[PDB]
K.L.:
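Here's one more: a structure with capsaicin in it.
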Amino acid sequence: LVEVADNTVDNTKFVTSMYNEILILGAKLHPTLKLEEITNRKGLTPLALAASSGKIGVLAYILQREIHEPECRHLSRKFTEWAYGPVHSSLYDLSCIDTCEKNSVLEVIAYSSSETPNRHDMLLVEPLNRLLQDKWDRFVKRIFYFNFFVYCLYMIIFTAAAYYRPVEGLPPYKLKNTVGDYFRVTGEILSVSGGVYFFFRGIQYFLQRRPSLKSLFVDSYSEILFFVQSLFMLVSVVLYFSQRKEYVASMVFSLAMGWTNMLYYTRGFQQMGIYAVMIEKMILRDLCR
Amino acid sequence: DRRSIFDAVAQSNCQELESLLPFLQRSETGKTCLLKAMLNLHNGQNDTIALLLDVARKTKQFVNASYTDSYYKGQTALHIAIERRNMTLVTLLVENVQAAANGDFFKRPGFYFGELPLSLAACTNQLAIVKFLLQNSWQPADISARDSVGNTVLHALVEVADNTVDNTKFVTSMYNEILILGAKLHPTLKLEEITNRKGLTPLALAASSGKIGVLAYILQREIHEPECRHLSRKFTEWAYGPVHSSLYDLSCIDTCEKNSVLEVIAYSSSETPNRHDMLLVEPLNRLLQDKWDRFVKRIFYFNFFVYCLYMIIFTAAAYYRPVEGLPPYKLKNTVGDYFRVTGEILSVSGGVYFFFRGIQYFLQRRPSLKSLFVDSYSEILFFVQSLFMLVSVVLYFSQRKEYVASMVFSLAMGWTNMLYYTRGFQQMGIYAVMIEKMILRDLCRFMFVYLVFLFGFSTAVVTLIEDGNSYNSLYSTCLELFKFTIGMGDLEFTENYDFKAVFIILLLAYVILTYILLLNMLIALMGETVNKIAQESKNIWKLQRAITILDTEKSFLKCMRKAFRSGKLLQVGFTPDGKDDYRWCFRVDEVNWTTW
Ligand SMILES: COc1cc(CNC(=O)CCCC/C=C/C(C)C)ccc1O
Ligand SMILES: COc1cc(CNC(=O)CCCC/C=C/C(C)C)ccc1O
């Protein structure tokens, strides 16, 4: 039933309908069985498949399902907790929306390879919007701001240790007894540590997600850039112990990338996140043509 | 047992009640048994309430049962009946009205409707219930009830409006019906002036909070009924053919006890949903335009001319600043120096004037801190110019030559601030509004992004240079790369670099990313924003002129306060109380061919 849905209003109409009728029928015949958890060989719940393949209408249905019949009230995914006047307070199920056995509906929507017809539009349903906004407000705003602040410090120290690079002779260099040179070696060590961190993060991402080769610059325009900055920093690491002065021609690139990559963080601020999105899209289309 | 009877009433069966009645007679929340019966009622299936009433009467102090908890403090049975549309139940309870439900819900999610059964019924789109309650025989409901904070029935009616067409529909409707009803019951009372603790008339609140539909109603209200013609706020003075000449009330639109409707609309902090759109009603537009045409156009033009003279003299006394030595300076016997000292004195006098004006404004209005640059973009600038001028005053008697670095700033600001005056000319006022909006939005966004990019690539290029003039600089390289954005960038401005290929790749990447991509993006986005605000600019300009008029009238009450009044004092019709209706009315014209 889900597999044949095509998002067209009448198709959504009767897919939702017949889904409901078959569900209530199976409920009446077998009050003991719970059919939804039935999963195919890929192990996808009908919700999970209706969300991964991209069928939005059936998704809005399955997340907004309710039944009053006393015998089979227990199929509902929504309830109305109370109401005094025009005010209503209702519930939602989150059966495994937020966290699910192997992949919840959110985890499937977000990490969908964009071979899915429409993932961006799909977070318009009520429970998902409310859920994600709630998580942002409560306990991840602080984490994101702290991450942004740490990256600011890393760029600052990287910049101020690149600015004063030793110029006497060739690399490597002896550590003079002065205090400023000790500060500078601390700066270089923090710099390379951050570099290796980003390098590994990139490799881990590319292992978990396993992104394609024809759509890598349209699905993840940011992981590529962070990993590339890490690569340049590490090549500088390699060529600063190979007694060679060309490391700078690499390191410089990195540093520039560094500061530019800061735009990655303007998605926590809607009114600047939309601007950074426009930059990305235009660079991919219009500058290229 | 209390639990047994609770289950029985929840059971919709009277067997337990009948069984326990003879035995009972022989013998935090506190929800009432009759309240429990009514609550668990479907299609009027709860009948134990009448039996409970009969038993209580056979054995006043209980028909007035109410909550005790702070969560539902004071929840009233008659209120619950109203919530249920209970004509039978409410009529029984009343026959068997000023109840104060002072709980949390009545004061996170909740519902505000007033604290009185009458108010609740009025807040529920139920008209028969209110008719009966306000004119119930056993105890009629008094309409003039005022709650703790003072929100009467009309106050709550306005307070629940939400500008949506159907909501406006029935809020206006029921407001009208309750008004005419109170008029018929009490021709002597005038309900509108009833004000809450904040002292706001229902008009004033409907305007301050932002409810436009109710506003258009209240200012365009008329009644023909002979007994209650005296509630109208509009009249039609005469009509020969398709022509009509009508009046308007101006009850306290133009000038009111503490804050009129205009004074509230204009000075609204823009936390109000929609103030710009709100001056579209007929009497307000006509009134403000009339004031502009009659006796404030001259004042505004004269003010503009005086400011022009102040800038001119300030400019010509700054131009010839003494250069011999340090400040202060001795006044040479020449005549030009006397002219110049006159110029400086006029300059500082104007400066102190603007400084005080700014302080007074900031005391009266008391503007917020998070929205100061979106509510008043002009008072800040005038006050800031005054501040710079006064710091120059301070440092010209501290034997220091740095005063100029301040004064210059001031002077520039001065001339630019002249744009403040292009609101008396619609077709230039809209242009100055666009400048303001773009400076607040688009330059800010684009400048954070452009500084990110500029600093990134400029440290990138300085970490490469060696200086082996003085391009080993973050400031001089920051310039030499900023110039690329004014079409003056030199791709080879230094040859003190180790690698030419890297240097050129970096500069090319910079030019492509900022000059070609970003800057043209800014042009495109400016196009978008202009195409969007083409009309918001007009509305904001009308509001700017309205504020100008209000300040103009307030400041010059000293010269002729009551001389130039709106409209005239007219006698429109008779009223039963005194058989005379004298009001500061405002006449307008109109036509219509479809009506005939
Ligand atoms: C990193 O995440 C994001 C970054 C950006 C902006 N960053 C860029 O456009 C990359 C520029 C690369 C040019 C560098 C050249 C070197 C060799 C000098 C927009 C959206 C994002 O999500
Ligand atoms: C003053 O009222 C208005 C003014 C303007 C135009 N004025 C400005 O944009 C201010 C420019 C400030 C830049 C000055 C920098 C100095 C340090 C040289 C538009 C609309 C208004 O209502």
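Throughout, a chain's letter reflects where its sequence line sits, starting with A, and its residues are numbered from 1. Contacts here are counted within a displayed part of the entry, not across the full deposit. When a ligand or atom number is given, it counts from 1 through the structure's own listing order. Recorded method is electron microscopy, 3.5 Å. Heavy-atom basis, side chains included; hydrogens, waters and symmetry copies ignored.
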K.L.:
Help me out: which other chains have any heavy atom nearer than 4.0 Å to capsaicin (ligand 1)?
P.N.:
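Based on heavy atoms, that gives A, B.
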K.L.:
Name the organism the PDB gives as the source of chain A.
P.N.:
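By the entry, that would be Rattus norvegicus.
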